[PDB]
Trainee: 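Here's a structure for you.
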Amino acid sequence: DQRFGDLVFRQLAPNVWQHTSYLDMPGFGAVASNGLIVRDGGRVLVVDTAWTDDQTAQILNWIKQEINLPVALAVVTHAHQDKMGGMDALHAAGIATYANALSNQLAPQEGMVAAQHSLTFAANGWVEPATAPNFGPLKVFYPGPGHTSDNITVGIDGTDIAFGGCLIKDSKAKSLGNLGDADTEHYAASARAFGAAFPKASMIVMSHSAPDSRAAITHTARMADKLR
Ligand SMILES: C[C@@H](O)[C@@H](C(=O)O)[C@@H]1NC(C(=O)O)=C(S[C@@H]2CN[C@H](C(=O)N(C)C)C2)[C@@H]1C
Ligand SMILES: [Zn+2]
Ligand SMILES: [Zn+2]
């Protein structure tokens with residue numbers, strides 16, 4: 001693990017890093033949140049911000065020191081603080097930001113700064129390529145409503161890695177966490193759709209735990225089955 005300021009970075013693959021930031025909340029202690037950093041040729045791609053602007057700025061600075069490649073774009077997975085809390089740091093650095101169109105619509109109600117561009121999806125859940133230009137190895141998939149209505153997922157081509165965000169919990173989880181904005185009826189199917197969208201991905205990266213196997217997907221879905 002490499003520390004830059006208040007953040008921790010872990011290399012998962014030759015061109016993929018996991019960034020981790022923490023926010024201590026009154027009565028709960030430190031809550032960790034994970035995102036991805038992906039090197040694609042002569043540029044860097046970012047998945048999700050940190051909890052805050054300051055933490056997100058530390059991500060960009062770390063990228064400059066350890067990788068020294070320009071950050072071309074960033075994708076955020078849904079409109080919550082752990083994923084979109086640091087949008088300002090990205091925009092301040094002049095980095096193009098992308099989110100689900102629904103995420104951008106919900107952002108002001110959620111107290112988040114909207115992304116500069118909106119992703120739209122076909123009926124099979126795959127992103128409209130026109131709305132996701134030059135995304136490189138990033139394969140964006142909308143599994144359907146689960147953790148939230150706008151929550152999206154990202155697969156990394158050329159690797160065994162897929163990112164489920166807050167939709168997927170790890171195999172040791174006892175609950176699905178915050179179900180405040182959740183679609184309890186479609187959660188299970190959405191979790192399974194994510195697994196089916198990236199069938200070869202052996203390393204599942206998620207927001208609030210270390211990378212797990214595919215069992216995390218199935219376990220999440222089966223927990224979600226109990227919500228129906
Ligand atoms: C503050 C929000 O970003 C919240 C959310 O996205 O709903 C955060 N993301 C989630 C989540 O469930 O995906 C949480 S809950 C956090 C992870 N689940 C833990 C939990 O509920 N435990 C009982 C450990 C704490 C965080 C507080
Ligand atoms: Zn959330
Ligand atoms: Zn979360």
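For reference, positions follow the sequence shown, starting with 1. If you check the header, you will see the structure was determined by X-ray crystallography, 2.2 Å. Numbering of ligands and ligand atoms starts at 1, following listing order. Values reported hereafter were calculated over all heavy atoms of this structure, with side chains retained and with hydrogens, waters and symmetry mates removed.
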Trainee: Drug at ligand 1 - which one is it?
Mentor: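 It's recorded as meropenem (hydrolyzed form).
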Trainee: Mind checking something for me? Which chain has more close contacts with meropenem (hydrolyzed form) than the rest, going by the PDB entry?
Mentor: Metallo-beta-lactamase NDM-1
Trainee: Let me know which other ligands or ions come in under 4.0 Å from meropenem (hydrolyzed form), please.
Mentor: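 Within less than 4.0 Å, you get ligand 2 (zinc ion), ligand 3 (zinc ion).
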Trainee: Taking distance alone, with N or O pairs closer than 3.5 Å, would you say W51 contacts meropenem (hydrolyzed form)?
Mentor: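 Checking meropenem (hydrolyzed form) against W51, no N or O pair falls under 3.5 Å apart.
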Trainee: How far is atom 6 (O) of meropenem (hydrolyzed form) from its nearest protein heavy atom, and which residue and atom name does that atom have?
Mentor: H80 ND1, 3.1 Å
Trainee: For meropenem (hydrolyzed form), which is the ligand I care about here, please tell me if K169 has any N or O atom under 3.5 Å from one of the ligand's N or O atoms.
Mentor: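 Yes, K169 has an N/O under 3.5 Å of an N/O on meropenem (hydrolyzed form).
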Trainee: Using a 4.0 Å cutoff against the non-hydrogen atoms of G177, which atoms of meropenem (hydrolyzed form) qualify?
Mentor: 12 (O), 21 (O)
Trainee: At a non-hydrogen distance cut-off of under 4.0 Å, which region of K83 contacts meropenem (hydrolyzed form) (side chain, backbone, both, or neither)?
Mentor: neither
Trainee: Give, by chain and number, every residue with a heavy atom within 4.0 Å of meropenem (hydrolyzed form).
Mentor: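 Residues with a heavy atom in range: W51, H78, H80, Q81, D82, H147, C166, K169, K174, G177, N178, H208.
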